[PDB]
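The residue numbers of chain A are those assigned by the PDB entry, with the residues present covering 246-567 sequentially. The way this entry was determined, per its header, is X-ray crystallography, 1.8 Å. For ligands, and for the atoms within them, numbers begin at 1 and follow the listed sequence.
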Amino acid sequence: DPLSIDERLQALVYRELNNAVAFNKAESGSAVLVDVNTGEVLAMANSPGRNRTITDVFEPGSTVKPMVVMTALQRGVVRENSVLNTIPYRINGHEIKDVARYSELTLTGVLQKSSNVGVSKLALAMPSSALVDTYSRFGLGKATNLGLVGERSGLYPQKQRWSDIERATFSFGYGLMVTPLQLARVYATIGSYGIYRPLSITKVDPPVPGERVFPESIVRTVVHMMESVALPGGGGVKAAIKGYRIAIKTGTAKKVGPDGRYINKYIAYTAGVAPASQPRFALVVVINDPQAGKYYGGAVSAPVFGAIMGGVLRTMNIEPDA
Ligand SMILES: CCN1CCN(C(=O)N[C@@H](C(=O)N[C@@H](C=O)[C@@H]2N[C@@H](C(=O)O)C(C)(C)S2)c2ccccc2)C(=O)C1=O
């Protein structure tokens, strides 16, 4: 009753998640929905119910990329209209390449096409501490404190010195492990334009004072850029919702084994905020080990993200902004 969960939104999330997990023949799926102004968890669901995926840890992969662009802008490595050389290259034999090859991309392009090359060149242009600092500001490598077992088990680098390959892979979301709850908190901080708040499972009266972790102007710039992910040419186009602008990012990660080996099992993500013009909600959707033939975030997680976010916007009577 001081519980923040809105059961209308919980039931919607559960139903859509159940359907997506079944359709993709996946092990499981999770969705976490957060009010970006208060940190209230409005919905939090695992499918199947007893697969406690919301508190399991995973490499966040390309979902970290918006923070990379924010950091490069803050440090003056790039400007709003910058164009990056995105030609694939090598680091000591390690090949850095994108799924789709481009010789150059704008910062919007880098997010739209999810360019590993583009973000890695940004990272190598900055000290190793730069992204460590930003990810930390957004709450990665800090526990969530909702009182759920597992909440605290994420892996985050405490390293003093970094190799070139480590710095690059960090920029596209490997070499650290986070829970869906931590990722939802990142995106809630994006939706607030740089105000960090802890997640709450209990009701609060707004406004809720938070911690300014990043300038409003920078976060707003990248939120606009993320709108391209949900338009034609963008990886998350299947999340698009009629009448609304959404700001999202897709991701796909190969699962790492305990000996550090990557296996042919996938984790698919879509994380974002809506409506993009003035965010009310942050949503993270994770689909664990899809087996039905598709495994990219845009194919597997983006459709259910659109169905959930669309249902939320309608239920909460949010004014169409498209
Ligand atoms: C550190 C070693 N190691 C770990 C494994 N690994 C990795 O799993 N790579 C994935 C990757 O690059 N992931 C995405 C970030 O999420 C990019 N965005 C995706 C999206 O938007 O869905 C995309 C369009 C599919 S590519 C990938 C690429 C292609 C297919 C599946 C997964 C690495 O690359 C990597 O170096």
Drug name (ligand 1) =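 At ligand 1, it's piperacillin (open form).
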Most-contacted chain near piperacillin (open form) (per UniProt) =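 By contact count, the main one is Peptidoglycan D,D-transpeptidase FtsI.
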Heavy atom under 4.0 Å from piperacillin (open form): found in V501's side chain, backbone, both, or neither?
->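 Near piperacillin (open form), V501 shows nothing, with every heavy atom at 4.0 Å or more.
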Per-atom contacts, piperacillin (open form) versus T495 - under 4.0 Å to a heavy atom = 20 (C), 21 (O), 22 (O)
Is the shortest N/O to N/O distance between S359 and piperacillin (open form) below 3.5 Å?
-> yes
What do you reckon, does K310 have a nitrogen or oxygen under 3.5 Å from a nitrogen or oxygen of piperacillin (open form)?
->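 No, no N or O pair falls under 3.5 Å.
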Contact (N/O only, under 3.5 Å) between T308 and piperacillin (open form) =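 For piperacillin (open form), there is no N or O atom that lies under 3.5 Å from one belonging to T308.
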Numbered atoms of piperacillin (open form) (with element) below 4.0 Å of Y541, judged on heavy atoms = 25 (C), 30 (C)
Which piperacillin (open form) atoms, with their elements, are less than 4.0 angstrom from a heavy-atom of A498?
-> 8 (O)
